[PDB]
Amino acid sequence: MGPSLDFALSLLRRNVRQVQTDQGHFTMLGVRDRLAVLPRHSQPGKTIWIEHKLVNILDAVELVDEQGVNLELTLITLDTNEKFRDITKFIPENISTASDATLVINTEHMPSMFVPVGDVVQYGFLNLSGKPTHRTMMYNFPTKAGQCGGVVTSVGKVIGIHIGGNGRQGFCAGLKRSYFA
Ligand SMILES: *[C@@H](CC(=O)OCC)[C@H](C[C@@H]1CCNC1=O)NC(=O)[C@@H](CC(=O)[C@@H](NC(=O)c1cc(C)on1)C(C)C)Cc1ccc(F)cc1
């Protein structure tokens, strides 16, 4: 098996988890220690269902930029037994585009699912169901409901978290390493 498949399957084993909130099914990315990230609209509460058990949430942070604009990412500290494998080194230091990225999804409904979104380009502002959002990127792929939280990856780099689409295109919140320092 080659390196790209190996890397994505290793994410799925160690960092990319099937979850459920009151809003439904999402992919969760565990980044390090007991810190994970989810799309803001998943609206995690005091507890979250992770794979096979209810986990308590000790803290949630909704990220906004200096202008007070939604970034569509919530950082959760979990009451988990184990630390996540630390993947902050794979998250670029600034929001980065990519070529021929793969969207990796892991939900009870869409388990271990690989979506060939293709090139990922700068997009910036995005009106997400009436919510103004910054620091997004775009792929010309018809992504669908249930894919939010999906991890946008390319060549060993973890660069986005899927957050929406319009039936022709998909958008992610961009990831940068400072979010998890
Ligand atoms: C993932 C969450 C989900 O499944 O919720 C159940 C509806 C989902 C992925 C997209 C659905 C269709 N295609 C997808 O890939 N995300 C959402 O539903 C968010 C909202 C959207 O994606 C909306 N799209 C846009 O607003 C938009 C704008 C442009 C230029 O292109 N698309 C559509 C449903 C209209 C959920 C969300 C996020 C943030 C919010 F504040 C509210 C809702």
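In this chain, numbering begins with 1 at the start of the sequence shown. For ligands, and for the atoms within them, numbers begin at 1 and follow the listed sequence. Just the heavy atoms: all of them, side chains too, but no hydrogens, waters or symmetry mates, feed the values below.
The largest share of close contacts with ligand 1 comes from the chain named in the PDB entry as 3C proteinase. The molecule at ligand 1 is the drug named rupintrivir (bound form).
For rupintrivir (bound form, ligand 1), the atoms lying closer than 4.0 Å to a non-hydrogen atom of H162 are 9 (C), 14 (C), 15 (O). Taking any N or O of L128, backbone or side chain, none lies under 3.5 Å from an N or O belonging to rupintrivir (bound form, ligand 1). On a distance-only criterion, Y123 and rupintrivir (bound form, ligand 1) share no N/O pair closer than 3.5 Å.
For the pair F171 and rupintrivir (bound form, ligand 1), the shortest N or O to N or O distance does not fall below 3.5 Å. In the PDB entry, the organism given for chain A is Human enterovirus 71. What the model shows is a covalent bond from rupintrivir (bound form, ligand 1) to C148 SG. Backbone and side-chain nitrogen or oxygen atoms of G165 are examined, and one is located within less than 3.5 angstrom of a nitrogen or oxygen of rupintrivir (bound form, ligand 1).
Counting protein heavy atoms only, atom 1 (C) of rupintrivir (bound form, ligand 1) is closest to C148 SG, 1.8 Å. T143 O, 3.0 Å is the protein heavy atom nearest to atom 13 (N) of rupintrivir (bound form, ligand 1). Heavy atoms under 4.0 Å from rupintrivir (bound form, ligand 1) belong to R40, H41, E72, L126, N127, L128, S129, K131, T143, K144, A145, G146, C148, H162, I163, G164, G165, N166, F171.
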